[PDB]
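Check out this one - crizotinib stuck to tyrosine-protein kinase receptor.
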Amino acid sequence: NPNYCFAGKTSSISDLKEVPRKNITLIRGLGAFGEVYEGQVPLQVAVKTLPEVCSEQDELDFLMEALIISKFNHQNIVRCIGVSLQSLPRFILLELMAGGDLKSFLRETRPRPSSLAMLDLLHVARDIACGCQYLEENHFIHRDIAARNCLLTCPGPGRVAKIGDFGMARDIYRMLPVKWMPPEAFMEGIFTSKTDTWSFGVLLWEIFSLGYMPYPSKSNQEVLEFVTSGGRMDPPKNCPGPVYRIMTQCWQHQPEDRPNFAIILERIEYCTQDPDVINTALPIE
Ligand SMILES: C[C@@H](Oc1cc(-c2cnn(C3CCNCC3)c2)cnc1N)c1c(Cl)ccc(F)c1Cl
């Protein structure tokens, strides 16, 4: 059985809490390689399934993501409730995030011409940055920080954003998101904590653009050449200067010139304190 190392000692498949299949009930689909369901164990859960028709490498990938998520302990990273691996199809059981993924939420919750404010966006940003800081200080590199991989606890004002998907980190541990990647990453395949800083800047743009695809109207190859030549995205519509400034710092060409997540968090905090930032109106389509 596969071994995993994080924050120190090794984890084993046996360390995962196996939940008896009889205890698990699927309620509804929630929408990649495999399905996701709302489920009950009563404890309400999200159930990630492995296709019975998969390769042996698929099997290990699935097991590896369970190990990875199960070893984190932070409020801004989605909890793993357990697994059901001794029956087919195999399940990973996650904390149910009723708000859904962040990209869909932003697109569905955009201010209507007939609600959401700057402070709400800043709190999402802060939530994920806190998650990233935790990963950084535990020397884990996510490799794919993006709005599609973040989840929300609920739609309303009490929402908490968390990092939810670790498929890219899992793959590399043993289709590329080049629009989220720094030059040294897509050119050299070099990944560090500063890799995630760059990607967080792109996530910030996603958040304050309210769910636009990065580098609108550009293809992957065009972005590659654009970014390699020093090109950077313009501010999202109505974006406050202090927020754009965080983005452009995250996108410094040299990794050593980019902020670590402690610094990012401080600057996000300073933004939430600035009335000229949070009183700024979001654009309405
Ligand atoms: C694996 C899957 O897990 C969940 C999906 C969801 C989810 C997706 N969509 N929805 C909708 C349910 C109906 N109301 C709107 C959100 C909830 C909630 N919690 C999860 N743990 C998931 C998905 Cl599908 C997308 C991004 C992620 F980062 C993750 Cl981790």
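Sequence positions, counted from 1, serve as the residue numbers for this chain. Note that these values count all heavy atoms, side chains included, but never hydrogens, waters or copies made by symmetry. Ligands are counted one by one from 1 in listed order, and the atoms in each one are counted from 1 as well.
The distance from crizotinib (ligand 1) to the heavy atoms of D165 drops below 4.0 Å at these ligand atoms: 28 (F). Remark: crizotinib (ligand 1) and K48 share no N or O pair separated by less than 3.5 Å (distance only, no angle test). Using a 4.0 Å cut-off between heavy atoms, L94 contacts crizotinib (ligand 1) through its side chain alone, with no backbone atom that close. The single protein non-hydrogen atom nearest to atom 11 (C) of crizotinib (ligand 1) is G100 CA, 4.2 Å, given as residue, atom name and distance. Looking at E38 against crizotinib (ligand 1), nothing comes within 4.0 Å, counting heavy atoms.
Residue contacts with crizotinib (ligand 1) for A98 involve N, CA, C or O but no side-chain atom from C-beta outward (heavy atoms, distance under 4.0 Å).
Of the options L96, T153, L152, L151, the smallest heavy-atom separation from atom 23 (C) of crizotinib (ligand 1) is shown by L151.
The residues lying within 4.0 Å of crizotinib (ligand 1), counted on heavy atoms, are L30, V36, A46, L94, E95, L96, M97, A98, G99, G100, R148, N149, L151, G164, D165.
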Give a table of atom pairs where an N or O of crizotinib (ligand 1) lies under 3.5 Å from a protein N or O.
from                  : atom 1 : to  : atom 2 : distance (Å)
crizotinib (ligand 1) : 19 (N) : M97 : N      : 2.9
crizotinib (ligand 1) : 21 (N) : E95 : O      : 3.0

